[PDB]
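Numbers here simply count residues along the sequence, with the first being 1. All ligand and atom numbering here is 1-based and tracks the order in the structure. Quick note: numbers below take in every heavy atom, side chains included, and nothing from hydrogens, waters or symmetry partners.
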Amino acid sequence: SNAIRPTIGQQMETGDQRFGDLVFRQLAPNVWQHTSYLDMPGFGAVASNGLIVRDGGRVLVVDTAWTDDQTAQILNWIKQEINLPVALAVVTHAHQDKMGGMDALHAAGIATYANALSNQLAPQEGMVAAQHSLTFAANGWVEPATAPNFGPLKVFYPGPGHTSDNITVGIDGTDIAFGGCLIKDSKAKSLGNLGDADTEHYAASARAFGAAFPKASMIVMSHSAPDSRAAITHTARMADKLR
Ligand SMILES: CC1(C)S[C@H]([C@H](NC(=O)[C@H](N)c2ccccc2)C(=O)O)N[C@H]1C(=O)O
Ligand SMILES: [Zn+2]
Ligand SMILES: [Zn+2]
């Protein structure tokens, strides 16, 4: 198959597997990155990344693809490659790159979770809410009763940044943590779309993510390949410029 060469988002490199319209990359024996692409007319493709985690006899998903059809392709890939049921998905804020495929998850009977605030914003953002709401303590950690049977997914709300509702997820038992759209890579020159951002609190929120997962060495994010912790520090330094 031909390589997909997005205008925004990482390129395909060694270890990147094309499946239909999407790309998959194994990050750890039990963790894979899913990548889907939105074609913007006149601009080209924008890649967005999420995660797939095997936890024993079940699979957990972080973020949908941009669309329902792409998200059904993620479920197809899981069926072919892993052949275990998806127990739940957690989506990391109410924008299209992270929640555009909710209906595909629901059609498949998968339990969906998002920040309560994401669910409240979804109908205002042209999204369908997740079926369950996560809530958070004053220090950002998820209230465990709201995240039942999450296995290795450790959900952390770092504060407002890219959006007010953005959440992040550490993968316990690995050195991986997922920043979603809050974190950009260590070579990025921009924080991306700031239209819904909290420019005052962004730098502290980025740093809070790093402090929540202080031994995560592989930082996964929505629009770049997995990076070092310099993604966190560089994002925070860019965000310092917003104040
Ligand atoms: C990659 C993006 C610049 S766009 C994406 C998101 N936007 C969407 O999901 C929009 N529905 C969209 C509109 C036009 C073109 C592409 C995406 C956002 O506003 O954070 N996340 C941004 C980001 O992570 O900075
Ligand atoms: Zn967003
Ligand atoms: Zn994004």
List the drug name given for ligand 1.
ampicillin (open form)
Can you peek at the structure and tell me the main thing ampicillin (open form) is bound to, named as in UniProt?
Metallo-beta-lactamase type 2
Provide the binding site of ampicillin (open form) at 4.0 Å, counting non-hydrogen atoms only.
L38, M40, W66, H95, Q96, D97, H162, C181, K184, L191, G192, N193, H223
With nothing but distance in play, are any N or O atoms of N193 less than 3.5 Å from an N or O of ampicillin (open form)?
yes
Quick one: look up the protein heavy atom nearest atom 7 (N) of ampicillin (open form) and list residue, atom name and how far away it is.
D97 OD1, 4.7 Å
Heavy-atom nearest neighbour in the protein, as seen from atom 16 (C) of ampicillin (open form), with distance rounded to 0.1 Å:
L38 CD2, 3.4 Å
Please state which Zn(2+)-binding residues recorded by UniProt for chain A are within 4.0 Å of ampicillin (open form) (heavy atoms only).
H95, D97, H162, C181, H223
For atom 11 (N) of ampicillin (open form), what is the closest protein heavy atom, and at what distance to 0.1 Å?
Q96 OE1, 3.0 Å
Nearest-neighbour protein heavy atom for atom 15 (C) of ampicillin (open form), which is reported as residue plus atom name and distance
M40 CE, 3.2 Å
Does atom 21 (N) of ampicillin (open form) have any protein heavy atom closer than 4.0 Å?
yes
Shortest protein heavy-atom distance from atom 8 (C) of ampicillin (open form), along with the residue and atom involved
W66 CZ3, 4.0 Å
Within ampicillin (open form), which atoms have a heavy atom of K184 less than 4.0 Å away?
23 (C), 24 (O), 25 (O)
Around ampicillin (open form), list the other ligands or ions under 4.0 Å away.
ligand 2 (zinc ion), ligand 3 (zinc ion)
For ampicillin (open form), which atoms, with element, lie under 4.0 Å from some heavy atom of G192?
25 (O)
Shortest protein contact, atom 2 (C) of ampicillin (open form) (heavy atom only):
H223 NE2, 4.2 Å
If you have a sec, work out which protein heavy atom is nearest atom 18 (C) of ampicillin (open form) and how many Å separate them, to one decimal?
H95 ND1, 3.3 Å
Please check atom 13 (C) of ampicillin (open form) for a protein heavy-atom neighbour under 4.0 Å.
no
Which ampicillin (open form) atoms are under 4.0 Å away from a heavy-atom of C181?
24 (O)
Which residues of chain A carry a UniProt substrate-binding annotation and have a heavy atom under 4.0 Å from ampicillin (open form)?
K184, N193
